**Student:** 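One structure, as structure tokens, below. Some questions next.
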Number of protein chains: 2
Amino acid sequence: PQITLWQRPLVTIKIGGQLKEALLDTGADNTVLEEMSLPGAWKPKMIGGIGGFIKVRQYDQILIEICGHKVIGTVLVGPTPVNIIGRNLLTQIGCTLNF
Amino acid sequence: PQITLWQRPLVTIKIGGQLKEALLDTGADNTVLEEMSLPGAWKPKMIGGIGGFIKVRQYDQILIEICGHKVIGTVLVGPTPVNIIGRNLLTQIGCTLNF
Ligand SMILES: Cc1c(O)cccc1C(=O)N[C@@H](CSc1ccccc1)[C@H](O)CN1C[C@H]2CCCC[C@H]2C[C@H]1C(=O)NC(C)(C)C
């Protein structure tokens, strides 16, 4: 698909058997999801946004369905107000900016 | 142009007679620039990112050159670590996400 930017670029994702809405975010290096239970091992990480830092749990090799594309990558879980799909996963769906 | 996302989508902008680098940011509703002097009237605003909020100055009807496209819009100025081009200006250059 082509997605214009007059509205937030929100898409449906499936992760850990759960359906969620997430923002396609070219300004984010990483993918950051609201608190959820993901099975398996994780590592502590801190990430900085505008306004400061949040503590997150880093899960590797996590399967996510983003607009029907299955992708595997690192997802960070913590107190973000919006689920963010960052460049680490955007590249896996061949997502480009065009103008 | 088409811009892939293996690296941060940084572009050169010209604003207030100054050259800066800024990130094309589909996850940002607004455009937020590091501290700079812009002439004219402004209004106080607070903006929330991941991690918290920052106080900014809101300038309207500001001319900015983004990859040779001249656009006019609202620019927020304050303590962001990276200049951010948000959807308010991305729409003006006809920027789309494609995959
Ligand atoms: C999520 C993330 C990473 O994993 C790695 C690096 C940065 C970020 C990150 O927070 N990036 C942000 C730009 S602000 C920014 C700050 C530093 C570097 C690059 C961008 C997002 O793209 C936009 N970001 C998406 C979203 C993140 C959760 C909180 C609500 C919004 C806030 C919005 C935002 O900040 N908007 C402003 C108008 C204040 C700029």
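Chain lettering follows the listing: the opening sequence line is A, and each later line takes the next letter. Residue numbering for chain A follows the PDB entry; the residues present correspond to positions 1-99, in that order. Residue numbering for chain B follows the PDB entry, covering 1-99 in order. Side-chain atoms are counted along with the backbone in the values below, which use heavy atoms only and exclude waters and symmetry mates. Just so you know, ligand 1 is whichever comes first in the structure, and atom 1 is the first atom listed for that ligand.
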**Student:** Which of gossypol, golcadomide, nelfinavir, avapritinib is the molecule at ligand 1?
**Tutor:** nelfinavir
**Student:** Which macromolecule in this structure makes the most heavy-atom contacts with nelfinavir, going by the name the PDB entry uses?
**Tutor:**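 By most contacts, it's protease retropepsin.
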**Student:** Counting non-hydrogen atoms only, which other chains lie under 4.0 Å from nelfinavir?
**Tutor:**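 Chains with a heavy atom that close: A, B.
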**Student:** If we only count N/O pairs under 3.5 Å, is B:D29 in contact with nelfinavir?
**Tutor:** no
**Student:** Nearest protein heavy atom to atom 12 (C) of nelfinavir, by residue and atom, and its distance?
**Tutor:**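 Looking only at protein heavy atoms, the one closest to atom 12 (C) of nelfinavir is B:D25 OD2, 3.9 Å.
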**Student:** Which of the atoms in nelfinavir, numbered in the order shown and given with their element, are less than 4.0 Å from a heavy-atom of B:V82?
**Tutor:**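 Matching atoms, with element in brackets: 18 (C).
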**Student:** Only heavy atoms of A:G27, strictly under 4.0 Å: list the atoms of nelfinavir that pass.
**Tutor:**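 The list of qualifying atoms is 7 (C), 11 (N), 19 (C), 20 (C), 22 (O).
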**Student:** Is there a protein heavy atom less than 4.0 Å away from atom 3 (C) of nelfinavir?
**Tutor:** yes
**Student:** Who's the nearest protein heavy-atom neighbour of atom 38 (C) of nelfinavir, and how far?
**Tutor:** B:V32 CG2, 3.7 Å
**Student:** Under 4.0 Å from a heavy atom of A:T80: which atoms of nelfinavir are those, numbered in the order shown and with their elements?
**Tutor:** 28 (C)
**Student:** I'd like to check which nelfinavir atoms, numbered from 1 as shown, lie under 4.0 Å from a non-hydrogen atom of A:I50.
**Tutor:** 35 (O), 39 (C), 40 (C)
**Student:** Using a 3.5 Å cut-off on N or O atoms only, is A:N30 in polar contact with nelfinavir?
**Tutor:**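 Looking only at distances, the answer is yes, because the N/O contact criterion of under 3.5 Å is met.
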**Student:** For nelfinavir, which atoms have a heavy atom of A:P81 less than 4.0 angstrom away?
**Tutor:**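 Atoms satisfying the 4.0 Å criterion: 28 (C), 29 (C), 30 (C).
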**Student:** Which residue supplies the protein heavy atom nearest to atom 26 (C) of nelfinavir, what is that atom called, and how far is it?
**Tutor:**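 Going atom by atom, the protein heavy atom closest to atom 26 (C) of nelfinavir ends up being A:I84 CD1, 3.7 Å.
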**Student:** Tell me the contacting part of B:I47 for nelfinavir: side chain, backbone, both, or neither, using a 4.0 Å heavy-atom threshold, strictly below.
**Tutor:**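 Looking at B:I47 and nelfinavir, just side chain atoms fall under 4.0 Å.
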**Student:** Just which atoms of nelfinavir are under 4.0 Å from any heavy atom in B:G48?
**Tutor:** 32 (C), 39 (C)
**Student:** Provide the number and element of each atom of nelfinavir under 4.0 Å from a heavy atom of A:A28.
**Tutor:** 1 (C), 2 (C), 22 (O)
**Student:** Using a strict cut-off of 4.0 Å, indicate which atoms of nelfinavir neighbour a heavy atom of A:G49.
**Tutor:** 10 (O)
**Student:** Can you list, by chain and number, the residues with heavy atoms within 4.0 Å of nelfinavir?
**Tutor:** A:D25, A:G27, A:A28, A:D29, A:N30, A:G48, A:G49, A:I50, A:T80, A:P81, A:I84, B:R8, B:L23, B:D25, B:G27, B:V32, B:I47, B:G48, B:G49, B:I50, B:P81, B:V82, B:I84
